[PDB]
Undergrad: 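Looking at a model with oseltamivir carboxylate; I have a few questions.
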Number of protein chains: 4
Amino acid sequence: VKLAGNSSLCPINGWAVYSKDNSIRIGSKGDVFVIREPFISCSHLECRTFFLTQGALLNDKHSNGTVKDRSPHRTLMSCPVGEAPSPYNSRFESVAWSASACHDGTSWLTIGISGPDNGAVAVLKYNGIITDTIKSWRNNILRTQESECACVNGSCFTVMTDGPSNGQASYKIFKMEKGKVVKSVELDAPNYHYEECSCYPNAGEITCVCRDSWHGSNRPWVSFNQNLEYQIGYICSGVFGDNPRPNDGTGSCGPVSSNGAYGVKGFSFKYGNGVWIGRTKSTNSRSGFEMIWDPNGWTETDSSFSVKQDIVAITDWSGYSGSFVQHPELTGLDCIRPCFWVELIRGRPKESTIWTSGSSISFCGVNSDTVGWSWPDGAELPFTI
Amino acid sequence: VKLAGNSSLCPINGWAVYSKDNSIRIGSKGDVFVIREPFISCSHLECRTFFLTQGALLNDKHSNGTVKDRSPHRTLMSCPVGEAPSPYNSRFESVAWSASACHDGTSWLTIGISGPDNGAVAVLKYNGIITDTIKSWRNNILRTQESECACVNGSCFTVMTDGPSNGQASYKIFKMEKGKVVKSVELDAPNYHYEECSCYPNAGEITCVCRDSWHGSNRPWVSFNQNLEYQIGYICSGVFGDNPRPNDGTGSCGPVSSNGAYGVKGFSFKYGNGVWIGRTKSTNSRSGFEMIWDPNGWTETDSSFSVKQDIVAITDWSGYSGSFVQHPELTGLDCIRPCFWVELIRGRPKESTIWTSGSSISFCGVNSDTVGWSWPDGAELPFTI
Amino acid sequence: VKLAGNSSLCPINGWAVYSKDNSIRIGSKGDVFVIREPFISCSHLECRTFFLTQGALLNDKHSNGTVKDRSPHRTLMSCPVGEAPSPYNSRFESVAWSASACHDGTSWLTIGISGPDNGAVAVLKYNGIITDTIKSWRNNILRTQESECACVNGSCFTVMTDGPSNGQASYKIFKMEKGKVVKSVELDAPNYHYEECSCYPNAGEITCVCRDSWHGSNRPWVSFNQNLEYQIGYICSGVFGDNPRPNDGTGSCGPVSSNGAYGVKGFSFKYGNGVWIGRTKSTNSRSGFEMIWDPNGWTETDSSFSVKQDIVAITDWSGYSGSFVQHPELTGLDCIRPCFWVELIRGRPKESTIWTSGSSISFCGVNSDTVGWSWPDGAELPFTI
Amino acid sequence: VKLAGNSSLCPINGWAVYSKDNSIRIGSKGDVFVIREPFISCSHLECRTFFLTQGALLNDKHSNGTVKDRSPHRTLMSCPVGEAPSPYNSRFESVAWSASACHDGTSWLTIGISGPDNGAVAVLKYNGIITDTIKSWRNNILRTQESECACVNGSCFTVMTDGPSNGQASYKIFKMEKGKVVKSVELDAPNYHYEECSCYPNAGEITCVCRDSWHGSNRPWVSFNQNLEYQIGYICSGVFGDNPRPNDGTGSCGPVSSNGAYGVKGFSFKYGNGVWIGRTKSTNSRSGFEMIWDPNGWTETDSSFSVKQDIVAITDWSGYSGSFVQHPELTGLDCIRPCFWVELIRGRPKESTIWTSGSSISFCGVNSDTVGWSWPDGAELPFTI
Ligand SMILES: CCC(CC)O[C@@H]1C=C(C(=O)O)C[C@H](N)[C@H]1NC(C)=O
Ligand SMILES: CCC(CC)O[C@@H]1C=C(C(=O)O)C[C@H](N)[C@H]1NC(C)=O
Ligand SMILES: CCC(CC)O[C@@H]1C=C(C(=O)O)C[C@H](N)[C@H]1NC(C)=O
Ligand SMILES: CCC(CC)O[C@@H]1C=C(C(=O)O)C[C@H](N)[C@H]1NC(C)=O
């Protein structure tokens, strides 16, 4: 039976550790894929980590230049949360250098993009058999969430971008059923820029918080109806959510151009006019991670917030982060539990290795008590190479 | 319930990437079988890659001389599509240096040939228990498809050859039910030569496109009734399908002897008088791969075609290719989806290693949009040896 | 359906070997987690070994200083009994440097503690989704059983300590249902000290035998009602159960301070006024292991006992040990079968390696005949390092 | 539902290859257990290979002196037929240096013997939970089949020996239900000697062909009722079954002492007064293997036989062999299919390594055509050591 997405986000107080996979530490000896862009997504029965392999293993020569990003060897695979991604425990999903996936209550939808920069095509699979295809409509690196899509009442939604990461690009919302696109809409968002959206269901509607890699130090958002009727904006808070970014100060309801140029995938959870913001601790690089609660922060410019919970110390590398959700049909709860994962990137460009890969940690909503700490990657580089 | 094969091939426009296993890249460190002659076959629930191991692992001494072809250690094993074939994820099927397999909707039929060149015997298994046996009737390397057999209405069909690869040989069609041969027929095809057939069901009948390793640059075919009443011919198109082959030109409805001598396993899909042709890009060696659509190409000698889609660049090694199909009982479709796989051979004779092995890619039918690219093997040789 | 804990312990005569995992021997080449604090726990269908990984593999550099105890990379994972714990066969459970788990007949409850010494928090999961949380209430290394909790009539019970291991600390019993704490009680036990309790169900009540790491050479106990109404005491027998300890002699019904200072996790089974005692063979170090039956030994100070069964020779390293139970709903028996496991610690501080890890053995109750022997770890150190 | 053993052996003509695991070849690089005493046994759904590990991996130092035989680290494990036995695919069964196992239609019965030579004890498990125990009754290496037990109508039967392998010993038949011994009988067989019996069901009764390691070049047998009413004898044929043995000649209905001293585990199938005999090709050592059909050979002394099928060349090492059966409830047949496996021993004492281990091949009954060949181990020694 299909996931009803009619319920609202769970009220929460802080974040409880959910998983840590230690995949790079383990990979020093074990047979662990070099990966990046990991994300977690759940069905009504299980939780899985998806990731983009480099079609190679840690500490092997084929991991050379894995800083690259796009290649024909890149594949989307998945394994159970918290396990190191290995050829011996990973299920193959799709050939892809950009991806998304989600479960609608019946089976898995995977979205894997491969092909040339000037004509990439997204292959959609429902339960592993191809059900549809979406070709680049601007010939400029068709790309998608790098985190789970969102399902409501048996329809699933994702966001894709085609165009320069460097300026105005084209942004589309897709609605799909049984892995087939049944409707799409191009956002009319001049001066906005959406990339790598973290989307979640909430009371029958989808809310996406994304990355402005053009000129936004705060994060852009799109929420929409099951009919793809949408609204757009940026997060107003002066607690800036992107990286790089300026020191906290007076924010804006539109793209804060100061330091907004490059960005990193992130997420945020909206509760009334407040936001739970996940962000790096560093202002310049992808270091540290922290959760911040600014009530009156989705709509106001206060650079002030109520609660801060440490996730990774400023002294340790982080990377991407994204939302994922646990539905009542899995949980037994009367609401939709907000969770998030963090990618811990090791290797190039920040360190002197021939390779780049990521570990993951994740945390879940929770109304009971919690604590801040540092759960860093933990591997010691360089490797045997 | 048994696969009805009564449906016709799906109308398609191009080919969507389905899988890539990266098995040789992974096998540089991981515990991956050295294999060749991989192929994909599906049931009503799953898709699996079958392959002929060399009873050894990449980058280990026992992979020496794995160019050989036939030995007592060769075994037919299988794993889920897209995973690297490893002793930790592979199901054992049969002792074999030539093989076929297919699912009838109820359980797997595997066909594994082993024994001496002068008296090989094919062991047939239904659901893993031996159900029948077929002995070499010409004492000269009994051998079979190296790709999936074809099932219709609870009967499965394969093709076998016994005799010289070098000249006239003997060709048989087998009909089997629950893994027992219930009828067979020797083709009366003087001047023809069939090897390594790719067979698929279409509207209650089987169509096989094969390899002429005697004197055919174009590909031989055999289609037949559930009663083993058959027709034979070659593909007429001047877009020659085999490798080696001459440059495209005026073809023939019989064996084009020019350059036809050695050959490579291949496939083709027939749509009316048109063909989807999969072939190497190179004329002299197993390099590159491409899909070509020549309407009026199954029956005519036009060296002209309508559409070409790149699969592997001319700069990269390929190898065998074969058809595989996805039935409605797995797909939900109202037709039989055509797919294909390509074997990417690395090592000897083309490269300076002690071993030979293959990776795989696969693609599926699809009525939506697609793109050409190059999805090559990607390993860098030689290995630690 | 929920495990009824209403049955009594099975009458037994000795102990039959149940499992041995050889994980350190295997780990000399294979990909085996460096672990410690293993334990076994069963459901109505299966038995699993849980363990605290160090987020690293044997014989790899990341196994350096794994003597440490508490770190952010420590995780609680599980695999089927008797298998070497590996990233390829282990299920991830929780991020944790202290843990417990148990199955209530419906699904698994896992308890994983992580965070800073001064504010650790226990994350409770039911069927893998977080259901509750318990924060350190004394800011001094919140910690728990390192062996299975106990379930009766759909409620599960565990014991936790917070405070100095060195003196008076605080001890709590928790009652939980579907992974949520529904009642707790702080023991009023001045001069007592409880750590690393081995708890088991017996006739609808829980009995825990624990470790006095303050001033007890004999073992402390707590038994309690489903209402958390409890009784406390020590094991009276002059066959002292802890390590270190004095030579056997006249015991006491309260903490025997002579040599009682440091301790080791252990267990015991109570039958009327008799005890089955598992203990090291050595008086000074964690060497050897043996099962001893002192009837009139739970309540009397006799240093005399009826039966002794050798489990590990004095010549070989041992370590922790703990109880685990097999319920009638798994067994078909009319009683609750007592079993136990032993941790065989190799490496630092006793041996000259950079690492520390453990193997396990386990034995089951049994009314038929048995024998004593020595089933030691078996690895030969140091390793390649 | 329980396996009815009421059916008779299938009529057969020869032997079709069923499996080959290549475990030593693969083990040169992969993580493969060093093992010996492998055997195959089937349920109503699957076939598994059981084996006695040495608690160590090929090509690792812990494989030193694995010629030994009995140690506390020896464990009985299992994996699907044809796969290399590895810590990543093997199910743990029992701690054991001698073993048997079989499935009764409902679940697995495993028998694992461990402990000291002077008091070994067999642990019986049904579905993995201990159900009974059998202690050495002569204090001289209690030991059992090293091949599958036999099940009929929900009862399972095995044979054990206690005493000298060197002279008169004590032999017992055990009947068990749900893994509990419900009856046993000591054979009154002065001058006979039974070891390592291969037992199979046939028309509601069990037939065992065994090893006389005292003074028998021909093989001893015991057949018996479900009531443990038994008959004994030796195989009369002058085609001697054991190894070592004399050249074929005039045989005897009793122990043929010439060359009968040491022996090897073997099997034979009885069809009326004829036998299918599996034996080494060599007369002096465990080299080669072959199947021979002597009708009028179970009861007569003719050194003449009708059919011989080669299994392993005289030039290659063999070892133990044993029967295994496939019941109608798994097969769909109206009879009980005879199969057999062969252990291919590599290393000490015959070769210059520090270790000893075995590969396996297996073959099944079959009424269709077959061929003889040589399917040898294939590993090249010595290893990296
Ligand atoms: C192509 C622009 C895009 C968004 C800025 O770059 C992303 C940045 C990345 C990064 O900043 O870490 C790595 C992502 N894999 C890449 N996405 C793709 C499809 O290559
Ligand atoms: C024996 C002739 C046959 C068909 C030409 O050769 C095949 C060619 C092969 C090839 O051209 O790649 C490799 C196949 N493994 C081989 N088949 C067997 C059974 O050896
Ligand atoms: C913190 C006191 C506690 C009980 C004495 O120490 C335990 C002793 C240990 C030991 O004696 O082996 C190692 C355990 N990992 C440790 N537990 C934790 C959470 O650190
Ligand atoms: C102890 C006598 C017994 C039968 C002769 O020896 C067997 C011979 C063996 C052999 O001849 O190969 C190895 C077996 N593992 C061994 N069985 C045990 C329990 O040690």
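Here is the naming used below: chain letters follow the sequence lines, and residue numbers restart at 1 for every chain. Read the numbers this way: they start at 1 and go in the same order the structure lists the ligands and their atoms. If you're wondering, the header gives X-ray crystallography, 2.5 Å.
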Undergrad: What are the identifiers of all copies of oseltamivir carboxylate in this structure?
TA: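 At ligands 1, 2, 3 and 4.
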Undergrad: Just trying to sort out this structure - which chain has the greatest number of contacts to oseltamivir carboxylate (ligand 2), name per UniProt?
TA: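 It is most in contact with Neuraminidase.
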Undergrad: Are any other chains within heavy-atom reach of oseltamivir carboxylate (ligand 2) at under 4.0 Å, and if so which?
TA: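 Heavy-atom contacts come from B.
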Undergrad: Give the residue, atom name and distance (to 0.1 Å) of the protein heavy atom nearest atom 12 (O) of oseltamivir carboxylate (ligand 2).
TA: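 Here the nearest protein heavy atom works out to B:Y320 OH, 2.9 Å.
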Undergrad: Short check: is a protein heavy atom less than 4.0 Å from atom 6 (O) of oseltamivir carboxylate (ligand 2)?
TA: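 No, there is none.
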Undergrad: Quick check: B:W97 and oseltamivir carboxylate (ligand 2), any N/O pair under 3.5 Å apart?
TA: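 No; the residue has no nitrogen or oxygen that sits under 3.5 Å from a nitrogen or oxygen of the ligand.
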Undergrad: With nothing but distance in play, are any N or O atoms of B:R74 less than 3.5 Å from an N or O of oseltamivir carboxylate (ligand 2)?
TA: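 Looking only at distances, the answer is no, because the N/O contact criterion of under 3.5 Å is not met.
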Undergrad: Which oseltamivir carboxylate (ligand 2) atoms does B:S165 reach within 4.0 Å, using its non-hydrogen atoms?
TA: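 In order of number, 2 (C), 5 (C).
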Undergrad: Does B:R211, backbone or side chain, put an N or O under 3.5 Å from an N or O of oseltamivir carboxylate (ligand 2)?
TA: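 Yes.
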Undergrad: Suppose we measure from atom 18 (C) of oseltamivir carboxylate (ligand 2) to each protein heavy atom; which comes out shortest, and what is that distance?
TA: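 Going by distance alone, atom 18 (C) of oseltamivir carboxylate (ligand 2) is nearest to B:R70 NH1, 3.9 Å.
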Undergrad: Measure the distance from atom 11 (O) of oseltamivir carboxylate (ligand 2) to every protein heavy atom, then report the residue, atom name and distance (to 0.1 Å) of the closest one.
TA: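 Looking only at protein heavy atoms, the one closest to atom 11 (O) of oseltamivir carboxylate (ligand 2) is B:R286 NH2, 2.8 Å.
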Undergrad: Under 3.5 Å between any N/O of B:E37 and any N/O of oseltamivir carboxylate (ligand 2): does that happen in this structure?
TA: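 Checking oseltamivir carboxylate (ligand 2) against B:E37, an N or O pair does fall under 3.5 Å apart.
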Undergrad: I'd like to check whether B:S213 has a polar contact with oseltamivir carboxylate (ligand 2), where a contact means an N/O of the residue lying under 3.5 Å from an N/O of the ligand.
TA: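 No; the residue has no nitrogen or oxygen that sits under 3.5 Å from a nitrogen or oxygen of the ligand.
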